[PDB]
Novice: 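Just passing along the structure, written as structure tokens.
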Amino acid sequence: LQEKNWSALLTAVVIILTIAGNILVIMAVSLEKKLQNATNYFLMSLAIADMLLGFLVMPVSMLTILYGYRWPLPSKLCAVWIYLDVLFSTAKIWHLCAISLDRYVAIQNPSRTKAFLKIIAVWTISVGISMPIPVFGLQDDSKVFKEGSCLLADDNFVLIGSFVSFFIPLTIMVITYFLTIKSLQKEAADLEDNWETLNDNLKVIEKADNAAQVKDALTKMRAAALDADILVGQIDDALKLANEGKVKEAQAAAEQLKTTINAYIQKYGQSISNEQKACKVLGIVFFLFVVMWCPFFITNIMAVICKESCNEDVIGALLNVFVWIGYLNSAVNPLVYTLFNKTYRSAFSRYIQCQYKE
Ligand SMILES: CCCCCCCC/C=C\CCCCCCCC(=O)OC[C@H](O)CO
Ligand SMILES: CCN(CC)C(=O)N[C@H]1C=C2c3cccc4[nH]cc(c34)C[C@H]2N(C)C1
Ligand SMILES: [Mg+2]
């Protein structure tokens, strides 16, 4: 005991910011009805994972730092504590991958129960991924102990576990994020194309002298609206006048079509800027998970590669540092939501003032 007493002051700060911030997230998705969507339902499940990592794993870790990385508890709790840490971390990364995938599929498409079934699937996948760690590690203390330190000692568990709980969900998540960004760039682009078509043909109709010019322009306007409804019917109403030779009537109907076009373009176009706003916040969450966990997972693989060549006491001392940089990620998602989403910031501000009604 008290082999390192300076380090555990800092780790208590990281434990408290984790518990309290993620309690504010869980409260905001439970209570604030502007946050009742499928992405925020996933962000709450991530927050429970971050909270249970802060309650269950992180105090036991600080306890080991206070005992000189020398396991202070009953010995069959070591494999359980490895299992909790690996379960919450597997759940977190496949949540971010499910968010990224479900939001990409939403931009190639037109219930809380449907979100909640998916969350349960991610958690039940994560329990089955993490399952060999107590099943094998409780039967053999050499898979979870290294010189009285509780740490995942089995090299095949580290390699299998580094890919199926960090690198293959990351790969799917970074591909789906890029494709999502490209889809939004295609949808902001196709809209601008439809705007130019509609605006150009309205100017054609306003200068038109013959029915044929008006009819052709309205046919091209109808197609643009169909590519992007009330507008289509209004265009068809102008088309019948144009087919009837009522040029002046069709021209007056077209100046009225303009107000409807402005409303629809700005709405579908407000909702493209909002999806790019939302994608940008999830990108910071995705980025901060990877960059803060990269020094732990790269070094953990390098321990297994240069097992004998490298200084196992330096590598072991760097992993003790780098696991807490990764634990610090559990404090950061609530801060990201505060900085970039008004609804979370307002929710957090009222919950701190013990005002729980909207
Ligand atoms: C097919 C029948 C074989 C049964 C007898 C085998 C005995 C060998 C020991 C362990 C196996 C581990 C199972 C690995 C299967 C995938 C587990 C996984 O996905 O990850 C492991 C875990 O995440 C770590 O971090
Ligand atoms: C139990 C706490 N201890 C002992 C000091 C740690 O070393 N914790 C780290 C272990 C991890 C690990 C190692 C190997 C394969 C893996 N697949 C998924 C993970 C993982 C999660 C990862 N967690 C987030 C940090
Ligand atoms: Mg033009």
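We're numbering straight along the sequence, starting at 1. Heads up, header says this was done by X-ray crystallography, 2.6 Å. What's counted below: heavy atoms across the whole structure, side chains too, no hydrogens, waters or symmetry copies. For ligands, and for the atoms within them, numbers begin at 1 and follow the listed sequence.
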Novice: Please pick one of lisuride, valacyclovir, resminostat, paroxetine as the drug found at ligand 2.
Specialist: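 The one found there is lisuride.
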Novice: Which chain forms the largest contact interface with lisuride when counted as heavy-atom pairs under 4.5 Å, and how does UniProt name it?
Specialist: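 Main partner, per contacts: 5-hydroxytryptamine receptor 2A.
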Novice: If you number the transmembrane segments of chain A the way UniProt does, from the N terminus, which of them put a heavy atom closer than 4.0 Å to lisuride?
Specialist: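 The UniProt segments of chain A with a heavy atom in range are 3, 5, 6, 7.
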Novice: OK, so UniProt lists some serotonin-binding residues in chain A. Which of them have a heavy atom under 4.0 Å from lisuride?
Specialist: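 A heavy atom under 4.0 Å occurs in these UniProt residues: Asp85, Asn300.
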Novice: State the atoms of lisuride, each with its element, that fall below the 4.0 Å cut-off from a heavy-atom position in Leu152.
Specialist: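 Checking each atom against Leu152, I get 14 (C).
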Novice: Does the N or O separation between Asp85 and lisuride drop below 3.5 Å for any pair?
Specialist: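 Yes; at least one N/O pair falls below 3.5 Å.
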Novice: Taking distance alone, with N or O pairs closer than 3.5 Å, would you say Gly161 contacts lisuride?
Specialist: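 Yes.
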Novice: So for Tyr327, does at least one of its heavy atoms come nearer than 4.0 angstrom to any atom of lisuride?
Specialist: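 Heavy atoms of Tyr327 do come under 4.0 Å of lisuride.
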Novice: Against heavy atoms of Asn300, which atoms of lisuride measure under 4.0 Å?
Specialist: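 It comes down to these atoms of lisuride: 13 (C), 14 (C).
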Novice: Which chain positions lie within 4.0 Å of lisuride by heavy-atom distance?
Specialist: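 Counting heavy atoms, it is made of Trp81, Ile82, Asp85, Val86, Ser89, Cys150, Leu152, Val158, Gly161, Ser165, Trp293, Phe296, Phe297, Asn300, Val323, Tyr327.
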